[PDB]
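Bound complex of Hemagglutinin HA2 and umifenovir.
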Amino acid sequence: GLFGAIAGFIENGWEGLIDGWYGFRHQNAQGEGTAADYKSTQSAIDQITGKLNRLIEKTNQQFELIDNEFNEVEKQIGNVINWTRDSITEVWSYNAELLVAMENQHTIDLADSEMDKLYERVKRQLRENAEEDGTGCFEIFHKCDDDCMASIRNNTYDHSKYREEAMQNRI
Amino acid sequence: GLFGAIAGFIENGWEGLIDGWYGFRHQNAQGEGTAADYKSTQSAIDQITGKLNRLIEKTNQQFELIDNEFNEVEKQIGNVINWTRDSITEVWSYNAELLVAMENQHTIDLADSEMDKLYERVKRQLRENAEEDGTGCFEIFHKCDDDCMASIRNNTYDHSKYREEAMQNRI
Amino acid sequence: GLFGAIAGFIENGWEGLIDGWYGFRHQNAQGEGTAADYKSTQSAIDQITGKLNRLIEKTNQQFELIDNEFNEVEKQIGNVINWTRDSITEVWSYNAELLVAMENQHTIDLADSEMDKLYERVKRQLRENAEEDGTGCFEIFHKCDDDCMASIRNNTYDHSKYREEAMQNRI
Amino acid sequence: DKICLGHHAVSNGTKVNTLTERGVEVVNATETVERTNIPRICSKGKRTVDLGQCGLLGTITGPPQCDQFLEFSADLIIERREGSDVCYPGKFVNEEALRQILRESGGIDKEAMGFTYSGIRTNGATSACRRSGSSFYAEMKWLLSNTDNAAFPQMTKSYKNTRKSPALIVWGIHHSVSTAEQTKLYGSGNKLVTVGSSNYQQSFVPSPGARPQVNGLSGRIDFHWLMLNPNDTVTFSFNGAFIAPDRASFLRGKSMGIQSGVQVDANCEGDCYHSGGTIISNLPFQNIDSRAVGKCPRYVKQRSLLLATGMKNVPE
Amino acid sequence: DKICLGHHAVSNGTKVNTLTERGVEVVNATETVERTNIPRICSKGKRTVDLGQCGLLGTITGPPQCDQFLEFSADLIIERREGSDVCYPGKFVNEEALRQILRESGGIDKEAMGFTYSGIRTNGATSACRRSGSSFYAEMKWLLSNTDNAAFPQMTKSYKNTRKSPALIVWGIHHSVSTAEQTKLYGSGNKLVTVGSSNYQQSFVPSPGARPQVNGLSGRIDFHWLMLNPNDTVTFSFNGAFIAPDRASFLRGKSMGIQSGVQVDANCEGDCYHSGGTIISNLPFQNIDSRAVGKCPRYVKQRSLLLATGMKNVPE
Amino acid sequence: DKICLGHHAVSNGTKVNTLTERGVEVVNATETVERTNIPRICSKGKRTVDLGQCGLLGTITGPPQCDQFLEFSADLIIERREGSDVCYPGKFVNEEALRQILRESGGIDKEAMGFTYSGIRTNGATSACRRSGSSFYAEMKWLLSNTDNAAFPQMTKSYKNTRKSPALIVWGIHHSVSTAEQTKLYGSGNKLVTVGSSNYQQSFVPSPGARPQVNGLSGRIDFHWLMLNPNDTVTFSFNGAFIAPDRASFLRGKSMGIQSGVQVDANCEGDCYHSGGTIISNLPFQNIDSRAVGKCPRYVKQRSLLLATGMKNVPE
Ligand SMILES: *[C@@H]1O[C@H](CO)[C@@H](O[C@@H]2O[C@H](CO)[C@@H](O[C@@H]3O[C@H](CO)[C@@H](O)[C@H](O)[C@@H]3O)[C@H](O)[C@H]2NC(C)=O)[C@H](O)[C@H]1NC(C)=O
Ligand SMILES: *[C@@H]1O[C@H](CO)[C@@H](O[C@@H]2O[C@H](CO)[C@@H](O[C@@H]3O[C@H](CO)[C@@H](O)[C@H](O)[C@@H]3O)[C@H](O)[C@H]2NC(C)=O)[C@H](O)[C@H]1NC(C)=O
Ligand SMILES: CCOC(=O)c1c(CSc2ccccc2)n(C)c2cc(Br)c(O)c(CN(C)C)c12
Ligand SMILES: CCOC(=O)c1c(CSc2ccccc2)n(C)c2cc(Br)c(O)c(CN(C)C)c12
Ligand SMILES: CCOC(=O)c1c(CSc2ccccc2)n(C)c2cc(Br)c(O)c(CN(C)C)c12
Ligand SMILES: *[C@@H]1O[C@H](CO)[C@@H](O[C@@H]2O[C@H](CO)[C@@H](O)[C@H](O)[C@H]2NC(C)=O)[C@H](O)[C@H]1NC(C)=O
Ligand SMILES: *[C@@H]1O[C@H](CO)[C@@H](O)[C@H](O)[C@H]1NC(C)=O
Ligand SMILES: *[C@@H]1O[C@H](CO)[C@@H](O)[C@H](O)[C@H]1NC(C)=O
Ligand SMILES: *[C@@H]1O[C@H](CO)[C@@H](O)[C@H](O)[C@H]1NC(C)=O
Ligand SMILES: *[C@@H]1O[C@H](CO)[C@@H](O)[C@H](O)[C@H]1NC(C)=O
Ligand SMILES: *[C@@H]1O[C@H](CO)[C@@H](O)[C@H](O)[C@H]1NC(C)=O
Ligand SMILES: *[C@@H]1O[C@H](CO)[C@@H](O)[C@H](O)[C@H]1NC(C)=O
Ligand SMILES: *[C@@H]1O[C@H](CO)[C@@H](O)[C@H](O)[C@H]1NC(C)=O
Ligand SMILES: *[C@@H]1O[C@H](CO)[C@@H](O)[C@H](O)[C@H]1NC(C)=O
Ligand SMILES: *[C@@H]1O[C@H](CO)[C@@H](O)[C@H](O)[C@H]1NC(C)=O
């Protein structure tokens, strides 16, 4: 993707993440945990869903018969009709192919974007209390128990509360 | 947007910013100020304007009458004409709808992108002398008067001049 | 581009980089060096090549003669045929113009993105041992000989091995 | 202590195509091309007429197989391969134009044209149009001389359309097997039919001569037609070999016509038809029949185009 | 001390549509579909002919209503609903083809064909073609016998196109209301008109009979035409019922033709016309008339398609 | 110590267009629009027939220039500008429809219709159809009276299609230069040709008269044709002015026809043809000829559309 997270510095996805599109996996002395992030998941779902509803918008155009399946029309006008119909069919086959390909490129890139946005949100939450390891994880330079992890996940983590300890541990 | 600044970590826009698309709002002992950044504003304006000029490029094939509004043409050829014209109309309505949607998606993402480019530019100017608060602001860890702020806006801020003081203030 | 690397904070390209699309230019006590990065180059090349192979996908629709170049067909049916063909020609001229314009926009943005992904990769390799200067260079705060540079380029640089020295130089 | 950001995945994703790549796996995808056909004409909510053995053009002239449709009314008209416009051998001139007019007519409403005759027979009949005996087209009259080889009087018949929509006017030309038969029926000499309105003028001459027997008969009756504008008058001038109209037709409203070979189902409802059934779908494209009519998904040549609805799938 | 990066916004933005969303507010947008029509035919810079009561085909044959247009020259030709091609009732074969030929002709330039006659009258006239009295088509001659019921001599008249572009040749076949009129005008007996060139061969027999009265007359004239290649010859062989051409037409250059119901305005300049006026626009699409002609924005069914020209609007 | 990230560049790149900009310089680009023409008809693998001076319709009647093509077989049929359908002047009814039938026929297979004559001449010939002397159409017979001005006997000739595909039947109506010539060839009096099948019947009267000399002759032939269904019969009833068919045609299979002015090359292989040669290309668009036929790149009006294959070029 254009943002190099989903197929990039995040090496693969989590098949156990069944509760959302994006999420957090934490590690501390109390153990390991995995939870889904609602805001990013719903953001991506909302954009792809809006795209889908956009693509199935119905427009009422009626076309009638100009050919004859039982008694073939005159040769010259029949060849003109056949040429026109085949040209239009080619135009719409091209439009469908291009439309689906472009939409797919953009969908993949948009999901990549939402992943990167979640990662950056957490990075700005942690401020000077953590460092990126380069695989999508933040090494936290202070003890972060389950309540601390939960405060990161629901955006109530106060970096000042741990700053002096973490800064000292980074030097 | 794909870039997550506009309508992203920057929570809303400034209705008082009437002289540019992007800008700086500073706070120091002398008070608060708002000024526009010319380079990013002009970059976005140039790209959207180029898109606009591209979309109104005149390449005009001339078409003549093949129907008759006063004396209807023979029925069969008139039906073929009407079928062809309706098919072409549907194709061009589709082209217009898709084109405008895609161009609008890209325009929004491009403005988002230019905002992020300005943000990252300032971050790299400040180096080790400031920290991001996560809402589009840079907490500067030294006294920065109006001339200092102006040096940030016009890309003459020398981080070395304040480095040792600022990094000391960060402990 | 949307990612503001190429033609962005990287001021210009290297005409001496003849063995790849992206690369590293280092300087240390042993002198200056330039090397190409294989992964980013091959990633971009693979994506543009896939796009190209997509655009030359062959579809084998046959169209036959429906007018006459030597003995002109009847006037009215000839005018209809010419109108239909000119409409189809305008549709395909539009499709070609828009397709090439869109694909070119996306190609430029994709190369910009791969450049930015390489830059971010190196930044995360270097961790706390270097600082960005704002022009695409990383000021390294420890002695980094040719083997050290080579380890940065092939992703074997162990930041811990130099952290103590580097941190001691950054404060 | 550490916290890691990640995304979901599945073991087996769905391959889709993009601008740069074929067969990239994504977590989820959905089909845009419709392939499922309902092999019936779903006609709920539509006044539907299955013409069966009646050819659509016959509804204007009225051979026996069309007796039940002489003034039909419909929203959907179904033509069948066994439909015939004629009973006595012959054909319409400019038949496809008239079929296209009648497919969207909503049906026809007949009105007497008021032609009366004297000095001739009006009861021409044939064993090819059987209604409990030798008969003829219910809407036409085969004008003959009073007795064999008698002279057919020169005649002029006019009809004015007093209604607010154009009137469909039809007449016939009889082509005898020989000049002797034509003389036996209408008297000797050249035969001429002139037809005129304010925007129409055309002449018709019978073409007597030997031809193969169709159902045992070698004569023909070819039907011709015109649309008569309001306040406009049609005038026929003839001296024989003329199949006169008894009634004119007016179009009822709107409809659509299809040609099908599958049964009608008044228990499913649809709006897109082809000869093989009905296309019922919310998908924007279909790969079933490029000649479908109604309100239809756009026909494309691809059988499948998967649209990604999830991120790229990166399993472990 | 701190410094904050931000972007502009407005209190009331403009809603646009994207690939993923309908009605997202952006700071600014601009219309791409043209709806504003100028209810006049803007003809500045173009030599313009408003045919008015002259029908376009009449310019070739010359009924009175077309006397001022017998050799017209134009870049833009305007047909009106009240235009008539005829005075003596009749119609052209392949009329729409000829109309399309004349709309792009740039006008016509007439040249005498040099036919001289002996033993016949050439001043056939009718009060349906009034020029201070009974007259006829200005470019034609109604050939009659010298006296009532006299025999019409068999004649052959040839014309060679000596110019460098094809010559438009028009003739007529006259269908009298009755055998007595055809006899009075051309003498009794069979009538035949054959017309031939190097790429054209056709034959005509008159069909007398009553047709509805148009302009007081129940006879009709069939007008036929051909394009005579340079150095080629057209030959007419006739013995009556023949409306002869007096002059041939040559196309001047290039023009375009429209059908309108609004006045001409030589003070605005435009290149896209419909019956209701002129579309003057820089926008790429229009929702005014799907049958507009000239150099036009593309017709689309949508009345409005707003293009974003600013960032997303995020107010306070 | 520092390490810098960068990208490659060149001193002079190639300019392309994007959605927002014209002439942005990129490191590399490739053309999508084909402009290179091969000025020959590449026919490897295809049975090709170069008609040369033979007009395609002539293959049915057989003027001298078509003797080599009377039963041709081909996958690709090439018409040339010098092709002629006739020797004795004349022209076909619905000529272009028949050309389109023959372009896709794969060639024709002739079979004798079995007409024999007595009491007339059958060897009518002209110096306009020269085969070492005066001759005629190889597939027709110009039926004449036994001696000058002698009466041509009334006769009827029928042919039944005993094969499994429709038969192409062609006949002619001869129009002499004058009544005297028609009398000399077929005797005085009325002449009539009636043609009938199960779905076709038509009468023809020759129309003698002077026409311009084409190939030295002032008479003309009207060529008519029909498709005779299997087991159906075509019947000709005539007393003169009738060009009888000697053989019927059956379509061999399938082919396509082109019109070219360049030589054939059986050593190059192609699938897209125009009058100037063959388009052999992997590019998706072409700017050579909008009327190219076969399997072709799509014609576009642009002569060049450069697709970026590299990053933006920012030189030093
Ligand atoms: C994988 O993608 C498919 C395709 O989008 C997803 O199926 C979609 O699911 C939603 C809700 O589950 C459906 O919304 C529906 O809206 C209709 C409106 O008429 C309503 O009647 C239904 O009750 C429902 O709310 C949507 O139609 C449906 N789309 C298709 C094509 O079936 C599917 O959920 C995705 N899988 C996962 C795991 O997300
Ligand atoms: C909201 O968007 C519209 C549309 O882009 C803006 O109007 C545009 O303003 C520019 C400059 O003010 C106009 O550029 C013009 O270019 C032509 C070249 O032919 C030149 O002759 C003019 O002198 C001018 O330089 C542009 O035409 C105009 N567009 C339209 C459709 O009027 C508008 O300014 C935007 N609103 C705000 C508050 O920025
Ligand atoms: C998935 C394909 O659906 C479409 O092609 C259309 C679509 C959906 S494609 C699209 C997707 C996102 C944004 C804009 C368009 N829209 C909106 C149309 C609007 C009009 Br008007 C129109 O004529 C069509 C053509 N239809 C009738 C075949 C479409
Ligand atoms: C450069 C343009 O090439 C194409 O037009 C097509 C292309 C290539 S453009 C493209 C590129 C990426 C994704 C989708 C389309 N594809 C795949 C087509 C698929 C079908 Br089905 C099709 O009818 C066409 C139309 N061709 C036959 C004129 C194309
Ligand atoms: C907004 C729509 O305008 C256009 O359709 C076209 C436009 C503008 S849309 C566009 C924007 C960026 C890139 C390509 C097309 N261009 C450039 C065309 C180029 C050619 Br060649 C062409 O045939 C058309 C078709 N027009 C004449 C009906 C367009
Ligand atoms: C966000 O997470 C924090 C951390 O778990 C929540 O704060 C705790 O809430 C639980 C249950 O209400 C208490 O037992 C803890 O004592 C709380 N810890 C602190 C430091 O206050 C917080 O409630 C969560 N926010 C929301 C909206 O659910
Ligand atoms: C048009 O195409 C159909 C098949 O789609 C074919 O059967 C028919 O013969 C064609 N019409 C003509 C006039 O060739
Ligand atoms: C074609 O459509 C127009 C309306 O756009 C209609 O008025 C006209 O009657 C139609 N022509 C035929 C031959 O049905
Ligand atoms: C930037 O602002 C500072 C402070 O006023 C000034 O000294 C400097 O000259 C400015 N630079 C430019 C390029 O205007
Ligand atoms: C159609 O276009 C061709 C070439 O553009 C031209 O030679 C021909 O005359 C046109 N047909 C008619 C009927 O005008
Ligand atoms: C990376 O470079 C170092 C220094 O030259 C070398 O020792 C090491 O083997 C390299 N690693 C790989 C994977 O090539
Ligand atoms: C109505 O028809 C009559 C013919 O009987 C005609 O005289 C009259 O002008 C017509 N009315 C209109 C408004 O055309
Ligand atoms: C027509 O004839 C003249 C002389 O009679 C000759 O100069 C001219 O070239 C001819 N035109 C053509 C097209 O052959
Ligand atoms: C430029 O692109 C073309 C087409 O993709 C390719 O053949 C050529 O090798 C490329 N040039 C370079 C220097 O890679
Ligand atoms: C034609 O008739 C023959 C016998 O006369 C019969 O064998 C053949 O099957 C028939 N063909 C068709 C197509 O009906």
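By convention in this document, chain letters (A, B, ...) are assigned in the order of the sequence lines, proteins followed by strands, and residues within each chain are numbered from 1. Atoms within each ligand, like the ligands themselves, are counted from 1 in listed order. If you check the header, you will see the structure was determined by X-ray crystallography, 2.4 Å.
Location of umifenovir, all copies: ligands 3, 4 and 5.
In this entry, the other chains with a heavy atom less than 4.0 Å from umifenovir (ligand 4) are A, C, D, F. At the top of the distance list for atom 13 (C) of umifenovir (ligand 4), counting protein heavy atoms only, stands C/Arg54 NH2, 3.1 Å.
Protein heavy atom at the shortest distance from atom 28 (C) of umifenovir (ligand 4) is F/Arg298 CG, 3.4 Å. Under 4.0 Å from umifenovir (ligand 4), heavy atoms of A/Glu97 appear from its side chain as well as its backbone. Lab note: entry names chain F as Hemagglutinin HA1.
Less than 4.0 angstrom separates some heavy atom of C/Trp92 from each of these atoms of umifenovir (ligand 4): 5 (O), 25 (C), 28 (C).
With a 4.0 Å cut-off on non-hydrogen atoms, C/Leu55 touches umifenovir (ligand 4) through its backbone as well as its side chain. With a 4.0 Å cut-off on non-hydrogen atoms, D/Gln302 touches umifenovir (ligand 4) through its side chain and not its backbone. Residue-ligand proximity, F/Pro284 to umifenovir (ligand 4), at heavy-atom distances under 4.0 Å covers atoms 1 (C). Within umifenovir (ligand 4), the atoms closer than 4.0 Å to a non-hydrogen atom of C/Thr59 are 20 (C), 27 (C), numbered from 1 in the order shown. Here the shortest heavy-atom distance to atom 17 (C) of umifenovir (ligand 4), taken over D/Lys301, C/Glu57, A/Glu90, belongs to C/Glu57.
Of all the atoms in umifenovir (ligand 4), the ones that sit under 4.0 Å from a non-hydrogen atom of A/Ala101 are 13 (C), 14 (C). Proximity of C/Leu99 to umifenovir (ligand 4), defined as any heavy-atom pair under 4.0 Å, is confined to the side chain (atoms from C-beta onward). Regarding atom 4 (C) of umifenovir (ligand 4), its nearest protein heavy-atom neighbour is A/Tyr94 CD1, 3.5 Å. Defined by non-hydrogen atoms within 4.0 Å, the binding site of umifenovir (ligand 4) is A/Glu90, A/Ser93, A/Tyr94, A/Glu97, A/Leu98, A/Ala101, C/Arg54, C/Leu55, C/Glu57, C/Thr59, C/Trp92, C/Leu99, D/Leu19, D/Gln302, F/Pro284, F/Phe285, F/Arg298.
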